[PDB]
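Written below as structure tokens is the structure these notes are about.
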Amino acid sequence: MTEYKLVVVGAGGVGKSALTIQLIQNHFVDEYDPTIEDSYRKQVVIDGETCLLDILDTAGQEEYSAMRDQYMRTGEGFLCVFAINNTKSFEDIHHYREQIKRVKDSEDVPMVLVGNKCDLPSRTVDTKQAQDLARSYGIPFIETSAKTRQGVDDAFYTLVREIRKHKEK
Ligand SMILES: Nc1nc2c(ncn2[C@@H]2O[C@H](COP(=O)(O)OP(=O)(O)O)[C@@H](O)[C@H]2O)c(=O)[nH]1
Ligand SMILES: CN(C)CCCN1c2ccccc2Sc2ccccc21
């Protein structure tokens, strides 16, 4: 069994802690503290390969920038989640990609763009806008919802393959 370290990044409220729990507990949580950081391990067999997923739900700001950059260097796959009804989070995805790339000092980093809250209206971020950004980074983009669980599993599954491609490259 191969172990995969994945970190979900985004703004406070995009639903990172919801997506992570949806894969672990298999149930949506309407109320959960965003500041509480917790990493979960899940044994899944994708593509015939049994892999243990180590997903960490970060809060945002760390006490020490040292450990902050550290948790960004140990991660092999990073899930970029934003809210389609919150352009503020989508625009922050720009600095998120930039930062992590500088932390690991690389050009090619296994990442996936995820647009959560697709079930909710007031869609400020259009699909094309996100796809355009993803296209620039050279990574896949998937619209999801932690409520109805649409594309949530697929997003994680895709990230795993993204990591693999970088490993066999
Ligand atoms: N309606 C809706 N709310 C969501 C969704 N995902 C997360 N939320 C809500 O976003 C708020 C914060 O969730 P939280 O677990 O803190 O996620 P995070 O802090 O963004 O990582 C809570 O009200 C969650 O129920 C979603 O997909 N749909
Ligand atoms: C403590 N270990 C059993 C889990 C560590 C998980 N971890 C994390 C997970 C995936 C990529 C990077 C990181 S760095 C980090 C930071 C805080 C807590 C746990 C971790």
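Count residues from 1 along the sequence. Both counts, for ligands and for their atoms, begin at 1 and track the order of listing. Hydrogens, waters and symmetry mates play no part in the numbers below; they use all other heavy atoms, side chains included. Header says: solution NMR.
- The drug assigned to ligand 2 in the PDB is promazine.
- Most-contacted chain for promazine in this structure, per UniProt: GTPase KRas, N-terminally processed.
- The PDB entry identifies the source organism of chain A as Homo sapiens.
- The list of other ligands and ions under 4.0 Å from promazine is empty.
- Taking the UniProt GTP-binding residues of chain A and keeping those with a non-hydrogen atom under 4.0 Å from promazine leaves nothing.
- Within 4.0 Å of promazine on heavy-atom distance sit the residues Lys5, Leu6, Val7, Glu37, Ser39, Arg41, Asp54, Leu56, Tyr71, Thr74, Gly75.
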